Protein chains: 2
Amino acid sequence: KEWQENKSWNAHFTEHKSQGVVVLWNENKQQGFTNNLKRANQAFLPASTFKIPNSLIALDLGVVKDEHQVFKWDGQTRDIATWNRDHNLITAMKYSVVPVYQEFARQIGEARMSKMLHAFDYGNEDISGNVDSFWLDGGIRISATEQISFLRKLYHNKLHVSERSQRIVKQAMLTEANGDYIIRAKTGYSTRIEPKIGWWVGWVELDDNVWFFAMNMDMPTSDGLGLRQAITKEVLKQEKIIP
Amino acid sequence: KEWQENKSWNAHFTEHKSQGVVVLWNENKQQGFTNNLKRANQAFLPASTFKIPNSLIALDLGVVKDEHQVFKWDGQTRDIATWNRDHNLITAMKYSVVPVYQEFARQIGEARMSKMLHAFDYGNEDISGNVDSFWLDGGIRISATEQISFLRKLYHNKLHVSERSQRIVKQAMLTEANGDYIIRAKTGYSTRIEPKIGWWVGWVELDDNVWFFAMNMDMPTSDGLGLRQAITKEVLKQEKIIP
Ligand SMILES: *C(=O)[C@H]([C@@H](C)O)[C@H]1CC(SCCNC=N)=C(C(=O)O)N1
Ligand SMILES: *C(=O)[C@H]([C@@H](C)O)[C@H]1CC(SCCNC=N)=C(C(=O)O)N1
Ligand SMILES: [Ca+2]
Ligand SMILES: [Ca+2]
Ligand SMILES: [Ca+2]
Ligand SMILES: [Ca+2]
Ligand SMILES: [Cl-]
Ligand SMILES: [Cl-]
Ligand SMILES: [Cl-]
Ligand SMILES: [Cl-]
């Protein structure tokens with residue numbers, strides 16, 4: 001792979017008083033683009049973008065039966081109100097319900113979790129820390145370019161889990177669709193270890209091509225979280241990927 | 001009694017100077033709703049809504065290997081410009097590319113198409129006519145109520161084909177998604193035999209319920225096609241199913 005820097009994308013960070021990186025990958029052309037080649041390859045905690053590999057492993061191992069199985073609220077009231085109810089895989093992904101996925105990771109266990117992250121070649125393949133929080137405050141790290149590499153394999157059903165698990169997780173990643181494009185993606189927000197950053201990783205399905213993306217950006221307060229999608233979509237619009 | 005007539009929906013037809021039926025099914029409550037019980041049970045040619053069972057059968061039989069397989073344009077220039085190119089299952093559904101599906105039906109063949117439609121309990125299960133056009137000008141008939149019955153089976157993966165086939169077709173039915181709802185659906189437009197009608201059938205996925213819908217309306221000319229979705233969405237908004 002071969003990477004072109006487009007610094008003009010930086011205008012969209014500048015005009016929103018922000019700093020970060022957008023990485024794009026044109027699947028047809030096998031060509032990548034980014035505003036910052038160095039930050040594109042900087043590895044960070046994945047935070048809730050780890051729900052993608054966690055979901056795959058839980059499904060492949062049968063910890064999750066299917067996308068309709070109900071995960072009961074553990075009763076503890078937490079600050080994000082959508083978390084304080086029962087969920088299935090679809091809504092747990094949509095609302096990024098951490099406690100549900102911590103429960104998955106406990107059941108998967110360290111041995112199988114480590115084996116699967118090596119099988120996926122996911123980030124630095126390091127799960128040091130608590131098995132139920134290592135993607136929030138442990139040793140795992142992944143860069144935006146490494147998120148693309150992983151997502152490309154998921155798109156092609158080439159990860160070493162069942163085809164069914166990959167199809168279900170891609171259903172659960174559904175974020176936006178209309179007559180012009182489909183976006184499958186996952187947000188993240190890493191706050192437990194500096195630097196506080198926001199993530200958005202996934203892809204845009206067109207009629208005749210797929211554009212993979214991965215972005216992260218400094219997130220000193222939660223009032224900037226909507227800029228994850230906003231800045232990405234402005235880059236997508238600039239490159240004429242979406243209208 | 002599982003159906004309730006709500007003639008107030010007729011306002012959405014009349015003020016678009018239209019005649020037709022909208023049928024809704026509340027999956028959680030197992031209760032149905034329509035502006036017109038009699039038209040709701042009136043069977044019509046399925047036209048392009050037949051692409052849903054046709055897709056399922058082609059996938060189950062390996063006629064279609066997956067949603068990436070390319071079906072080459074046969075070089076015949078047809079009136080709908082988007083048909084005059086290569087397609088896969090996703091784009092052939094999106095652009096309702098009849099010639100692609102006519103070829104599927106020839107490969108499926110008469111005997112296998114008949115057995116599968118009986119297994120599906122699809123409409124009147126009658127495939128009299130040409131193997132590659134019976135859903136356009138042959139003997140098969142299906143009502144809006146019978147469309148709901150079939151779609152419910154598909155949603156629950158209870159049809160008599162592989163789980164994989166059903167997941168792929170449901171992916172191919174994706175029409176709209178946002179933070180509030182997901183619509184999986186298929187349009188239709190029956191012209192070859194009177195009465196000329198337009199169809200929209202599918203469902204709305206919410207966080208905690210699924211609403212199945214099937215509508216048809218008199219379609220004397222091609223210019224009222226947009227009201228298939230518009231009128232349905234007015235009924236959905238009235239019942240507060242979508243915001
Ligand atoms: C995943 O990264 C986080 C988890 C680490 O808490 C969840 C929570 C959020 S943002 C909710 C904060 N809003 C109000 N301050 C996300 C997210 O990625 O949006 N995932
Ligand atoms: C399926 O119902 C028809 C097929 C029988 O021709 C295709 C074509 C259309 S509408 C295109 C007409 N526009 C221009 N006048 C559809 C559809 O459902 O929208 N499917
Ligand atoms: Ca901008
Ligand atoms: Ca813990
Ligand atoms: Ca109106
Ligand atoms: Ca029957
Ligand atoms: Cl998480
Ligand atoms: Cl989907
Ligand atoms: Cl067709
Ligand atoms: Cl049933």
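Every chain is numbered from 1 and lettered A, B, ... according to where its sequence line falls, protein lines coming before strand lines. Per the header: X-ray crystallography, 1.8 Å. Both counts, for ligands and for their atoms, begin at 1 and track the order of listing. Every heavy atom of this structure was used, including side-chain atoms; hydrogens, water molecules and symmetry mates were not.
Here the macromolecule with the greatest number of atom pairs within 4.5 Å of ligand 2 is listed in the PDB entry as Beta-lactamase. Per PDB records, the drug at ligand 2 is named imipenem (open form). Under a 4.0 Å heavy-atom cut-off, the other chains found next to imipenem (open form, ligand 2) are B. The option with the heavy atom closest to atom 5 (C) of imipenem (open form, ligand 2), from among B:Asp223, B:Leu45, B:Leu136, is B:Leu136. The model tethers imipenem (open form, ligand 2) through a covalent bond to B:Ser48 OG. Looking at B:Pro46, B:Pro99, B:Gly188, B:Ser48 and measuring to atom 3 (C) of imipenem (open form, ligand 2), the nearest heavy atom belongs to B:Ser48. In terms of polar-atom proximity, defined here as any N/O pair under 3.5 Å, B:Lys186 makes no such contact with imipenem (open form, ligand 2). Per the entry, the organism of origin for chain B is Klebsiella pneumoniae.
Among the UniProt active-site residues of chain B, the one closest to imipenem (open form, ligand 2) by heavy-atom distance, rounded to 1 Å, is B:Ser48, 1 Å. Within the 4.0 Å heavy-atom shell around imipenem (open form, ligand 2) one does not find B:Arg192.
Intersecting the UniProt beta-lactam-binding annotation for chain B with heavy-atom proximity to imipenem (open form, ligand 2) (under 4.0 Å) gives B:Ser48, B:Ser96, B:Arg228. The shell of residues around imipenem (open form, ligand 2) (heavy atoms under 4.0 Å) is B:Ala47, B:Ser48, B:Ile80, B:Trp83, B:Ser96, B:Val98, B:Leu136, B:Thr187, B:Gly188, B:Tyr189, B:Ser222, B:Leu225, B:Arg228.
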